[PDB]
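Check out this one - sulbactam (bound form) stuck to Beta-lactamase.
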There are 2 protein chains.
Amino acid sequence: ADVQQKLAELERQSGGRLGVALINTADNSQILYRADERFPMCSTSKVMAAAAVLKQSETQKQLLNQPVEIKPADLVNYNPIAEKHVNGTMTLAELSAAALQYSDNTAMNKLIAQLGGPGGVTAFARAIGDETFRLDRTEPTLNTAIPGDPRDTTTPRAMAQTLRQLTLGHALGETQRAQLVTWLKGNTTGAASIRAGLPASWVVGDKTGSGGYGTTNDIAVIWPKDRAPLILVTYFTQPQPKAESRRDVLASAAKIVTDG
Amino acid sequence: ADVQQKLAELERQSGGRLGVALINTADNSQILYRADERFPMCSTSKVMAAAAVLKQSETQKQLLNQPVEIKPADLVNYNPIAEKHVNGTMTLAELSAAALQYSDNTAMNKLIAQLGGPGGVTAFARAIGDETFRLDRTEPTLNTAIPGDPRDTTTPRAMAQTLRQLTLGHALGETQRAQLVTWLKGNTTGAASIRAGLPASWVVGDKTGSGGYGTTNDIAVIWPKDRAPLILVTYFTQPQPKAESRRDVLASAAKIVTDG
Ligand SMILES: *C(=O)/C=C/N[C@@H](C(=O)O)C(C)(C)S(=O)O
Ligand SMILES: *C(=O)/C=C/N[C@@H](C(=O)O)C(C)(C)S(=O)O
């Protein structure tokens, strides 16, 4: 509508490539912008991995309480939670929360190892009907974000659809779906991103990501004041190897698509 | 010097009044800017209330498990957590988390009432050697933030000092101190405020606030990469009752005072 002109303006003024998918669950309407292009997911991939471990825990009923050893060698680049338990252990519930709410990279690595490798995360994507998602690498190299590289990519449309099934749909058993939403709603890293663009009264759960070429991402489930929930995926990447993050672009994108 | 001039330049362009107080616990140095002027606290006052409840919990030893009834008449203007428990209950631990991490205003009112009113929160401030802090009203009117009004105000210097004692000192017992810091570290609302101004590797716990006159506040305990923690208060208020919030200003303030 004007939504398209505005998104195009934002994109041009930003110097980057912008990807947006909104699903409105009141009526299944969508707002799409480069929705079928691939973008590096970076840490927004932590959602698929934690969900995969949730799913495992539907048949391995004590899985979330299993201790996992954190060695000095497991420490990656960003480890605000793991590094407090080195030469100690963390449960798989603790690791999921640390990956999701703090973006801890060591924690993500443990989730990936539990699933048997990046392949296992991709296998779960495929099990819930996501044929686009691909995880190929561990932290921190999954975040390289090199233009033209298909590794560790998905599309806004696929990720919105998947986030809808996981958070509001039936990809997970009910307890597990509640657990994921509880973890997402407690994210500590999202206030400058999608949230920044929404009315203060609306409630949000979301997972950010960032990486190379100033890749700046957010995926969110959103409960507007007095409306059915929305799903929003805002992905953004830039042409220079060491571009600065742009969480404000995401916020601008969320304001634009939710004003209507 | 360089920083005092930069702060003045930032304030000069902001359209408002900026209060800063930084304490570097490596050497107890300070950086101060309008640090003995009063500002309205808004929700940064929630720290003092949760800390008062923690203090109570040192002698009433299951206090944090105690259920509190939430009635429809309790709901204020912003209760993302409390509203799911109307005609039900929340524990004091849950009210604490809700007020700190989500800024739930019904939650804050239950903490105030557990302390005997706004007066009891002030009494606790006084018991830990804070002679500046004053809480006068309940939510939501505590955030009116009218220029010149002394209600519900403190100074950046008083709040920096208090925050240091609560989170790194011995104002509380050790478990209570750790509980507070854990709650601050899991704040969901801070990524666009002080955090936005600091390198991504630095770990932050904080409490934001906002209100009338475009008042935009953040107070934080910061664990920089490879340095002793800092304490930072950034307060900001504006001349028009309906001004928009300016979390960007706090971010910039944070960057100026941490650059070197
Ligand atoms: C999640 O999106 C990944 C976070 N890590 C990166 C970041 O930008 O925070 C690095 C650069 C620390 S690395 O890819 O781990
Ligand atoms: C904490 O700072 C509380 C915030 N409240 C206000 C805000 O600006 O967010 C309102 C307007 C929601 S209310 O006056 O409490």
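Chains are lettered A, B, ... in the order of the sequence lines. Numbers in chain A come straight from the PDB entry, and the residues shown are 27-57, 59-238, 240-288, in order. Residues displayed in chain B correspond, in order, to the PDB entry positions 27-57, 59-238, 240-288. We count ligands from 1, going down the list as the structure has it; atoms in each ligand are counted the same way.
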State which other chains have a non-hydrogen atom nearer than 4.0 Å to sulbactam (bound form, ligand 2). B
Hey, could you tell me which residues sit within 4.0 Å of sulbactam (bound form, ligand 2)? Heavy atoms only, please. B:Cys69, B:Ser70, B:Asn104, B:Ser130, B:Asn132, B:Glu166, B:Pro167, B:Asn170, B:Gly236, B:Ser237, B:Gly238
Sub-4.0 Å atoms of sulbactam (bound form, ligand 2) with respect to non-hydrogen atoms of B:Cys69: 2 (O)
Based purely on interatomic distance, does B:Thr235 place a nitrogen or oxygen under 3.5 Å from a nitrogen or oxygen of sulbactam (bound form, ligand 2)? no
Polar contacts were defined as any N/O atom of the residue lying under 3.5 Å from an N/O atom of the ligand; does this apply to B:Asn132 and sulbactam (bound form, ligand 2)? yes
For B:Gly236, atoms of sulbactam (bound form, ligand 2) separated by under 4.0 Å from a heavy atom: 2 (O)
Find all atoms of sulbactam (bound form, ligand 2) within a distance of less than 4.0 Å from any non-hydrogen atom belonging to B:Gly238, and give their numbers and elements. 8 (O)
Checking a contact table here: which protein heavy atom is nearest atom 12 (C) of sulbactam (bound form, ligand 2), and how many Å away? B:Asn104 ND2, 3.2 Å
Quick test: of every protein heavy atom, which one is nearest to atom 2 (O) of sulbactam (bound form, ligand 2), and how far off is it to 0.1 Å? B:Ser70 OG, 2.0 Å
Which residue owns the protein heavy atom closest to atom 8 (O) of sulbactam (bound form, ligand 2), what's the atom, and how far is it? B:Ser237 OG, 2.7 Å
Determine from the deposited structure the residue and atom in covalent linkage with sulbactam (bound form, ligand 2). B:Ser70 OG
Give the source organism of chain B as listed in the PDB entry. Escherichia coli
